[PDB]
Amino acid sequence: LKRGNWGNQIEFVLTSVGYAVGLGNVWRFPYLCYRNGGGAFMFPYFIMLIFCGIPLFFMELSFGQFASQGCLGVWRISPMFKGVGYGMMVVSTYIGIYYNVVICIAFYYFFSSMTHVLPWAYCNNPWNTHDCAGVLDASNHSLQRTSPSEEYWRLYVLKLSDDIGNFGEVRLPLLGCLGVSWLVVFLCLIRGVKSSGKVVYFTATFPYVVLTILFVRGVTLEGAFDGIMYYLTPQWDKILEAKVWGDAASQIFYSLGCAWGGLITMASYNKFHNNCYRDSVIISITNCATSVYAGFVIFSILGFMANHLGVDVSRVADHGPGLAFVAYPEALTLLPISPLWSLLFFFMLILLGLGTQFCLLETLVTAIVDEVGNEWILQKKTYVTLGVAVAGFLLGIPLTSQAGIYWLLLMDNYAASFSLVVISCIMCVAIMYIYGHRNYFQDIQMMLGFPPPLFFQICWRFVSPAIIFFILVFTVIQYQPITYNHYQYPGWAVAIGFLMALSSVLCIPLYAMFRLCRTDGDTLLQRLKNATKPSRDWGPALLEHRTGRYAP
Ligand SMILES: CN1C[C@@H]2[C@H](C1)[C@@H]2CN(Cc1ccc(F)c(Cl)c1)C(=O)c1cn(C)cn1
């Protein structure tokens, strides 16, 4: 009742868009599009969005909107797969631990960019080496190809270590930046005025303005003409191979943030009679448009750098933090007034990270609150938020150590790759195959006011589970040990990452022991029949909305 509602649908749309658009749309998508064929890769991309992304997004949004309960509540349909919700928390923990750290790094790149002359531009500093031949050097990759930005990142932002067990003194600037980031998130998420409602306006709109300013500065007369023909070229003969289709499906699934407790949490707070069908296609379209726009803004300046360096664009191209912190800044430093575009870029990165961390902390907080929901624990939601924030800050300290980025990449690659796919597959199977497709269809028709579109039904029953199984199989078949620029992680890392992935994957089958022998456990067929039929509680979480068929 007093859980609160959005009050304005624009608020929900903006918060959801801010969560959907993450840092992946900045570095992961442009390089993937460049590497995976060429400008034709959009055809495997958007088609997947039509058949994989939008249906799953609609499923999650309708699930949350009708359930009117958090990450754990939505699973009151079958009180056996509730552990899936538990898993949806655990992954939401891991990302929430290693997302802020990235923000932390970006935060350290924000204040350091307020100086008159950029610190990662000139090789006259005392942390340089003999291999600092940079472009702005007026006064062994191939021969000495170590740009000053990479040197600054490797030697001053965090002193990289050789092994993984080498843990030196913690990086004090990174500790301070992580503390500032966590404090900002908590102070915004106080719910004293709103559940980050009227503060998600700026954090969800300003990144678009910054991207627009960057685009106008990057498509002016700079020589960045052969910087878009390498991103908008018709390499049609690279759509036959299954690898590009698998990568497109993976990007569609991971970029949209499906099935880790993000969409469900803020879909729960929605009013019941909300056109969630309109509220899913719109957000998916904005996410894809943002990815496309980022594919232009970065690559324009990358082509400018390629022209100024006398090399082709393929020489300068990175997939993750390499593009964010050492490739893009080394190109931004060459503009006539650099520490304004650099400031805008880092501010936009901070805003994009916050747009997702807000939702992650909301998901964890609302799950914890709704699990033990009484008139006591709803009165002190802010205290729970403070406790979870301090726990996240304390747990994230080792990731700002000398070997922080190794563990960051390990957690990114392992802890939230298999578990997401498995969780989504299990939820998709259970929702319309264990509970029933027709019951869910009439349930959706109850809330939307119209039957679901004739295409979404056949996409839910057939196309979406098949695509999820396909991406699972492609992930299983395509696997290589996680490696840095040049480093092979020993067992101390691969085994640990496997254990972290299992700590979320196995969370589902471990719930099967909570169904004790009291629930008619013997005669296994009867026990399976029970503990999965919806109880007297599942349904709309309000009165005057029973509509006869629910609780006469
Ligand atoms: C594999 N991952 C897991 C997970 C995906 C891809 C989510 C995190 N990532 C990228 C990322 C964050 C920090 C990193 F250090 C690196 Cl390497 C990558 C997002 O972009 C994102 C997506 N949504 C919906 C919100 N954020």
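By the numbers in the PDB entry, the shown part of chain A spans 44-182, 202-614. This deposition comes from electron microscopy, 3.0 Å. Values reported hereafter were calculated over all heavy atoms of this structure, with side chains retained and with hydrogens, waters and symmetry mates removed. Every number for a ligand or one of its atoms is a count from 1 in the order of the listing.
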Participant: What is the PDB name of the drug at ligand 1?
Facilitator: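 Its PDB name is PF-3463275.
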Participant: Look up in UniProt the name of the chain with the most contacts to PF-3463275 (ligand 1).
Facilitator: Sodium- and chloride-dependent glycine transporter 1
Participant: What are the numbers, counted from the N terminus per UniProt, of the transmembrane segments of chain A with a heavy atom under 4.0 Å from PF-3463275 (ligand 1)?
Facilitator: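 Numbered as in UniProt, the segments with a heavy atom that near are 1, 3, 6, 9, 10.
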Participant: Name the residues that contact PF-3463275 (ligand 1) at heavy-atom distances below 4.0 Å.
Facilitator: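 With heavy atoms under 4.0 Å, it is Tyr62, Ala63, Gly65, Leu66, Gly67, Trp70, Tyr141, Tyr142, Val145, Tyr316, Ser317, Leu318, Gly319, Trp322, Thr418, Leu470, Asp474, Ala478.
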